[PDB]
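Snapshot of crizotinib at ALK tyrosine kinase receptor.
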Amino acid sequence: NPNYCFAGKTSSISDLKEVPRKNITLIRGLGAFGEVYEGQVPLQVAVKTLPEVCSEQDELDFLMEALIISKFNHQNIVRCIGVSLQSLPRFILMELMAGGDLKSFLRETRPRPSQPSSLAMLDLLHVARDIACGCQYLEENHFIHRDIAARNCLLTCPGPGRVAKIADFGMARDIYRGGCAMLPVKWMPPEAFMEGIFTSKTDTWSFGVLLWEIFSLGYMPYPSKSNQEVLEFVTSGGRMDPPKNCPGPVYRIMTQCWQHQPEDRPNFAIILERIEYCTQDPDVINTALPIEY
Ligand SMILES: C[C@@H](Oc1cc(-c2cnn(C3CCNCC3)c2)cnc1N)c1c(Cl)ccc(F)c1Cl
């Protein structure tokens, strides 16, 4: 059985908290490879399933993601409640994030003449800060996520007390041990997609793109551009324009995250300070978000 090392220590399948299957009830589906359910163990949970029709590599991938998430301990990384690996289909049990993924949330919660005040600049800044805090924890523990993006973040709830958390660690799992068309090239810095070089500054670039996703309210990055067009665009120095109504101080964080040389990009401590300073600036947080008609 394969081992996993994080923050100094090594763990194995034996270290995962096995929850007796009889104690697990599935309630409803929550919408690729394997299904997700709302469940109860009472403790409410999200259940990620491994299809019984899978390869040996699939099994090991499933095991590795369980190990990875179980070994993190931070408020902005989704918790793993445990696993049920001794029955089929196999389960990973996660903290239930009723807000759903960040991309879907932003698109369905965009200000509307029906809901003119569904979201404000401060809400977006708080989400950005939440994820940045999660990224800082990963960075200080020498973990490179490789796929920081809105689709991979979850929210505790739709309402005002919401907390955003990094949730999907599939890319990191894959690399820890595929194809060009599945690579998240629109979130990747030049040295990543060209040389396959990944560092903490990789996640900084991706976080810049996430920031754009957030302040665009859930648009796909590089509108109208294909993966290869983005690759050539970014390699040549091209960068995205500010999202609609984006305050200048916020856009400047994005452009710093997208510096061509990794050494010129901020670490997450600095990104956090700059997000904090934005939340303090009345001219930033008093800026109205566009209302979608
Ligand atoms: C594996 C799966 O886990 C969860 C999904 C969800 C989820 C997905 N969708 N929804 C909706 C349920 C109905 N109300 C709106 C959100 C909740 C909540 N908690 C989870 N732990 C998941 C999904 Cl499905 C998408 C992105 C992620 F980063 C993750 Cl980690």
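Chain A is numbered as in the PDB entry, which gives 1093-1123, 1126-1135, 1144-1279, 1286-1401 for the residues shown. Counting convention: from 1, in listed order, for ligands and their atoms alike. Both backbone and side-chain heavy atoms feed into the values below; hydrogens, waters and symmetry mates do not. When the header is checked for method, it gives X-ray crystallography, 1.9 Å.
- In this structure, every copy of crizotinib sits at ligand 1.
- Residues in other chains coming within 4.0 Å of crizotinib by heavy atoms are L1122, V1130, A1148, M1196, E1197, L1198, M1199, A1200, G1201, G1202, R1253, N1254, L1256, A1269, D1270.
- In chain A, most residues contacting crizotinib belong to UniProt domain Protein kinase.
- The contact set between crizotinib and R1253, taken as ligand atoms under 4.0 Å from a residue heavy atom, comprises 26 (C), 28 (F).
- Polar contact check, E1197 against crizotinib: a nitrogen or oxygen pair lies under 3.5 Å apart.
- Atom 20 (C) of crizotinib is flagged as protein-proximal [any protein heavy atom, distance under 4.0 Å].
- Among all non-hydrogen protein atoms, the one lying nearest atom 4 (C) of crizotinib is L1256 CD1, 3.7 Å.
- Checked by distance only, crizotinib and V1180 stay at 3.5 Å or farther apart across all their nitrogen or oxygen atoms.
- Shortest heavy-atom distance from crizotinib to a UniProt active-site residue of chain A, with the residue named, rounded to 1 Å: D1249, 9 Å.
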Which pairs of N or O atoms, one from crizotinib and one from the protein, are separated by less than 3.5 Å, and what is the distance for each pair?
unit_1     : atom_1 : unit_2 : atom_2 : d
crizotinib : 19 (N) : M1199  : N      : 2.9
crizotinib : 21 (N) : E1197  : O      : 3.1

